[PDB]
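The sequence lines are taken in order and lettered A, B, and onward as chains. Throughout, chain A uses the PDB entry numbering, with the displayed residues spanning 3-85 in order. Heads up, chain B uses the PDB entry numbers, so what you see runs 4-85. Order of appearance sets the numbers: ligands from 1, and atoms from 1 within every ligand. Scope of the values below: all heavy atoms of this structure, side chains included, with no hydrogens, waters or symmetry mates.
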Amino acid sequence: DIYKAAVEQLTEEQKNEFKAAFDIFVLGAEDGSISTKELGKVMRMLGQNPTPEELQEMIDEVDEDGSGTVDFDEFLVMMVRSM
Amino acid sequence: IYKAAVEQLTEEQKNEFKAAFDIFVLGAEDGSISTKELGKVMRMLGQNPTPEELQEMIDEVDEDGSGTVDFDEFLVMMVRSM
Ligand SMILES: CN1CCN(CCCN2c3ccccc3Sc3ccc(C(F)(F)F)cc32)CC1
Ligand SMILES: CN1CCN(CCCN2c3ccccc3Sc3ccc(C(F)(F)F)cc32)CC1
Ligand SMILES: CN1CCN(CCCN2c3ccccc3Sc3ccc(C(F)(F)F)cc32)CC1
Ligand SMILES: CN1CCN(CCCN2c3ccccc3Sc3ccc(C(F)(F)F)cc32)CC1
Ligand SMILES: [Ca+2]
Ligand SMILES: [Ca+2]
């Protein structure tokens, strides 16, 4: 619940910005959630080269429903975790 | 100030930001991020910054007054956004 705090401190504008980013990363996604596939595309689009294992790691750190995918709520937590 | 946070960054993190930097200037006139490239990157990530806001973002870290972001200033931009 340490990160749950920082997400509640985010303004509606900040959340709307992340939603716009989230919305573009899920294009193609079957269920409308970031899967390792989508995450890998965003990262590579940003010049990174992650492995399947590293991608599953990033997702697992915020996968609170155990879906193996990131939904917008878990995504806001991913951003806040950065720092 | 921020120069301290940049000195803390590992060589691996800098190389990661560098890889991002290199993709953001692909086609840059002077090999640096100008408002054109900065807006391009942000639009791609679903944002819609104004010309005035893009200039502010550059200026906040433009320590040489070129109106563009070189890699050194880019690492500040990454860090400064804390
Ligand atoms: C090998 N291993 C691969 C990944 N890197 C960290 C990448 C962090 N990251 C990042 C950093 C600099 C430039 C581009 C990117 S892409 C990216 C996208 C989302 C996230 C997100 F979701 F977290 F916010 C973090 C990152 C660490 C080492
Ligand atoms: C409090 N506030 C919380 C969020 N952080 C910014 C997180 C953004 N982010 C990130 C996080 C950790 C390490 C590297 C990166 S680069 C990066 C690249 C793309 C995205 C992408 F694609 F998602 F947009 C998000 C991020 C700033 C401070
Ligand atoms: C209207 N005005 C538009 C811009 N927003 C801030 C956007 C911050 N940002 C961001 C946040 C969520 C999703 C995508 C992006 S693109 C982006 C790229 C670089 C930076 C960087 F370099 F700064 F770290 C910050 C951002 C503030 C208000
Ligand atoms: C020390 N460490 C330095 C970097 N910051 C994270 C910067 C990530 N970032 C950012 C910063 C502020 C607000 C929003 C965002 S989203 C975002 C999108 C793209 C990039 C970009 F440019 F890479 F593509 C960088 C960022 C976390 C702490
Ligand atoms: Ca999930
Ligand atoms: Ca400059």
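- Ranked by contacts, the top partner of ligand 4 (the one with most) is named in UniProt as Troponin C, slow skeletal and cardiac muscles.
- Of the candidates bucindolol, doripenem, licofelone, carmegliptin, trifluoperazine, what sits at ligand 4 is trifluoperazine.
- Other chains, heavy atom under 4.0 Å from trifluoperazine (ligand 4): A, B.
- The closest approach between A:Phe20 and trifluoperazine (ligand 4) stays at or above 4.0 Å for every heavy atom of the residue.
- With hydrogens left out, the protein atom closest to atom 3 (C) of trifluoperazine (ligand 4) is B:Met81 O, 3.4 Å, a heavy atom.
- Near B:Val82, with a cut-off below 4.0 Å to any heavy atom, the atoms of trifluoperazine (ligand 4) are 1 (C), 3 (C).
- Nearest protein heavy-atom contact of atom 10 (C) of trifluoperazine (ligand 4) is B:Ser84 OG, 4.3 Å.
- In this structure, atom 28 (C) of trifluoperazine (ligand 4) lies nearest to the protein heavy atom A:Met85 SD, 3.0 Å.
- Counting heavy atoms within 4.0 Å, the binding site of trifluoperazine (ligand 4) comprises A:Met85, B:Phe27, B:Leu48, B:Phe77, B:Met81, B:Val82, B:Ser84.
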